[PDB]
Visitor: 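This structure holds ciclosporin. Let me ask you some things about it.
Numbers restart at 1 for each chain; the letters A, B, ... are given by sequence-line order, proteins then strands. The deposited model was determined using X-ray crystallography, 0.8 Å. Modified residue -> parent or X. Extra atoms: not counted.
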Amino acid sequence: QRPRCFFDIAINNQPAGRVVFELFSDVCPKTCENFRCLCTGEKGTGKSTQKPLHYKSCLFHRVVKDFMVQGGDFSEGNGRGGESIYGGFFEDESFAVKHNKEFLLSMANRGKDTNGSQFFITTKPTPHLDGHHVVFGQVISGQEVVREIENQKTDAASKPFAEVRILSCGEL
Amino acid sequence: XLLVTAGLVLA
Ligand SMILES: [Cl-]
Ligand SMILES: [Mg+2]
Ligand SMILES: [Mg+2]
């Protein structure tokens with residue numbers, strides 16, 4: 001039953017490859033449905049942002065080597081924006097999956113019960129985030145693409161100097 | 001430090 005979603009990535013407009021995720025819909029269904037729909041764009045316009053609820057053309061705006069890569073801010077591209085398909089944010093659904101390995105997909109937030117559209121992919125274990133961020137999926141292919149994102153040189157806000165853009169995205 | 005926030009990134 002678990003859905004599979006993908007991003008086709010470019011780095012400074014140069015295709016880097018495809019990342020495929022499996023989403024743990026059995027554990028975190030509301031969280032997974034949000035991400036799935038942001039991949040397809042099927043839910044249309046975000047209520048507060050008035051921009052498409054869609055990861056197409058969205059950046060990975062924050063990268064920290066040996067920690068994680070973060071993206072999904074479709075409205076501002078810098079971490080300040082984003083919103084969920086439900087309007088505004090939604091509650092933390094489950095803390096059952098641990099941040100105990102690389103290549104886990106988890107929600108970025110701005111505190112308790114503030115899940116929007118922003119996510120991160122771990123590149124090392126991040127156990128201190130347990131109870132703070134909801135893990136809801138995992139990379140199943142394209143790990144090397146994630147590593148290439150992780151290796152980008154970044155600015156003072158940890159934003160890559162070279163644009164890491166989701167060219168295309170969807171559900172498999 | 002090592003957080004993943006959306007708006008005020010901390011140490
Ligand atoms: Cl967000
Ligand atoms: Mg469905
Ligand atoms: Mg507003």
Visitor: Please list all instances of ciclosporin by ligand or chain.
Guide: chain B
Visitor: Which chain forms the chief contact surface with ciclosporin (chain B), and what is its name in UniProt?
Guide: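 The main binding partner here is Peptidyl-prolyl cis-trans isomerase G.
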Visitor: UniProt domain of chain A most involved in contacts with ciclosporin (chain B)?
Guide: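 Most contacts come from the UniProt domain PPIase cyclophilin-type.
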Visitor: Within 4.5 Å of ciclosporin (chain B), heavy atoms only, which residues of other chains turn up?
Guide: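 The heavy-atom cut-off picks out A:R62, A:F67, A:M68, A:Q70, A:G79, A:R80, A:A108, A:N109, A:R110, A:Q118, A:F120, A:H128, A:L129, A:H133.
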Visitor: At a heavy-atom distance below 4.5 Å, which residues of ciclosporin (chain B) face chain A?
Guide: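 The heavy-atom list is B:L2, B:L3, B:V4, B:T5, B:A6, B:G7, B:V9.
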